[PDB]
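Quick look at a structure containing sulindac sulfide.
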Amino acid sequence: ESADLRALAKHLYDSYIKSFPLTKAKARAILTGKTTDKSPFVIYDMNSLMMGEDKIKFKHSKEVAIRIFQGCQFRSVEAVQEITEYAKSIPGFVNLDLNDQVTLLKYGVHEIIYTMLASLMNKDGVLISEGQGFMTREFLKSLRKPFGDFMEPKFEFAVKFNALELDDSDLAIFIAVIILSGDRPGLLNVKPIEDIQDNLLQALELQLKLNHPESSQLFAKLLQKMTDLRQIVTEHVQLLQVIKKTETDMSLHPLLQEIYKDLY
Ligand SMILES: CSc1ccc(/C=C2/C(C)=C(CC(=O)O)c3cc(F)ccc32)cc1
Ligand SMILES: CSc1ccc(/C=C2\C(C)=C(CC(=O)O)c3cc(F)ccc32)cc1
């Protein structure tokens, strides 16, 4: 059966590479100093942010904190698209009842977004604009309340998560585990979801033993990270509700509204 779990690890890694254009491997090459990739422009104060608008080519007049809020929406919407495409490659996912597919995505996308965003972070800041830019943790922390408090729990989680030193092939199986959670609210057929996740769990466990043979209990350490993930979602939802009440000239992207509607 080991050969089957290895073929599943290989399948998920291959689909991960095809679904996510900016991998952890490329993110680390950018952050460290490697010559396979090029150096980002660093935004650290109000001054350099304006220089960065003219220096960084962005994919997508208001206040600075508002402009960053809107920027993260566009990337997050893109992330949902990438995650959805990846979910369809997880064997058995598309054969599930359609309402459960929707439900698994609705509750899984943000847990995956924060997981993969850790690949883009270090203790000092986060890559932006497919890695062309780098915004510092202290600069985001200084933005006017309550916008300045949006990213800090993500950084704190990323520092703990990155200490596990997972690579993309590990992360491919782990985010599949996250998607296939039989405990999501409103699921209709829990059993076929759990059966798929049990297989994904055995594949993840084997991958972690083979890939990190001197990292004891990495499987257990990784699984316990779900506590931090859900706390982030919880806090993030709370801050979004403050923004909704204080900025009535803004709305979340419709795709994100649907994800957050009746969540928990
Ligand atoms: C002023 S510093 C800041 C403040 C607010 C935001 C707002 C954010 C918004 C709307 C989203 C969209 C979603 O929740 O899906 C998001 C996703 C993330 F990973 C991280 C941050 C944010 C981003 C940065
Ligand atoms: C041209 S005025 C501007 C406005 C906002 C930004 C800031 C951000 C943008 C575009 C993004 C999207 C991405 O990463 O591609 C982002 C993601 C994050 F976690 C944190 C901050 C930012 C840069 C420039």
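Here, residue 1 is the first one in the sequence, and each next residue gets the next number. Atoms within a ligand are numbered from 1 in the order they appear, just like the ligands themselves.
In this PDB structure, UniProt names the chief binding partner of sulindac sulfide (ligand 1) as Peroxisome proliferator-activated receptor gamma. Neighbouring residues of sulindac sulfide (ligand 1) under 4.0 Å (non-hydrogen atoms) are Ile68, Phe69, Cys72, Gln73, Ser76, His110, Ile113, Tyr114, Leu140, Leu143, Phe147, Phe150, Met151, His236, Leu240, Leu252, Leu256, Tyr260.
For sulindac sulfide (ligand 1), the atoms sitting less than 4.0 Å from at least one non-hydrogen atom of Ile113 are 19 (F), numbered in the order shown with element in parentheses. Near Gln73, meaning under 4.0 Å from any of its heavy atoms, are these atoms of sulindac sulfide (ligand 1): 10 (C). Counting residues of chain A in contact with sulindac sulfide (ligand 1), the top UniProt domain is NR LBD. Against a heavy-atom cut-off of under 4.0 Å, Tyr114 is close to the following atoms of sulindac sulfide (ligand 1): 18 (C), 19 (F). Every atom of sulindac sulfide (ligand 1) is numbered from 1 in the order shown, and the set under 4.0 Å from a heavy atom of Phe69 is 5 (C), 6 (C), 7 (C), 10 (C). The UniProt annotation of rosiglitazone binding in chain A and a heavy-atom cut-off of 4.0 Å around sulindac sulfide (ligand 1) together pick out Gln73, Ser76, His110, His236, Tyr260. The entry attributes the source of chain A to Homo sapiens.
Sulindac sulfide (ligand 1) places these atoms under 4.0 Å from at least one heavy atom of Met151: 20 (C), 21 (C), 24 (C). Backbone and side-chain nitrogen or oxygen atoms of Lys154 are examined, and none is located within less than 3.5 angstrom of a nitrogen or oxygen of sulindac sulfide (ligand 1).
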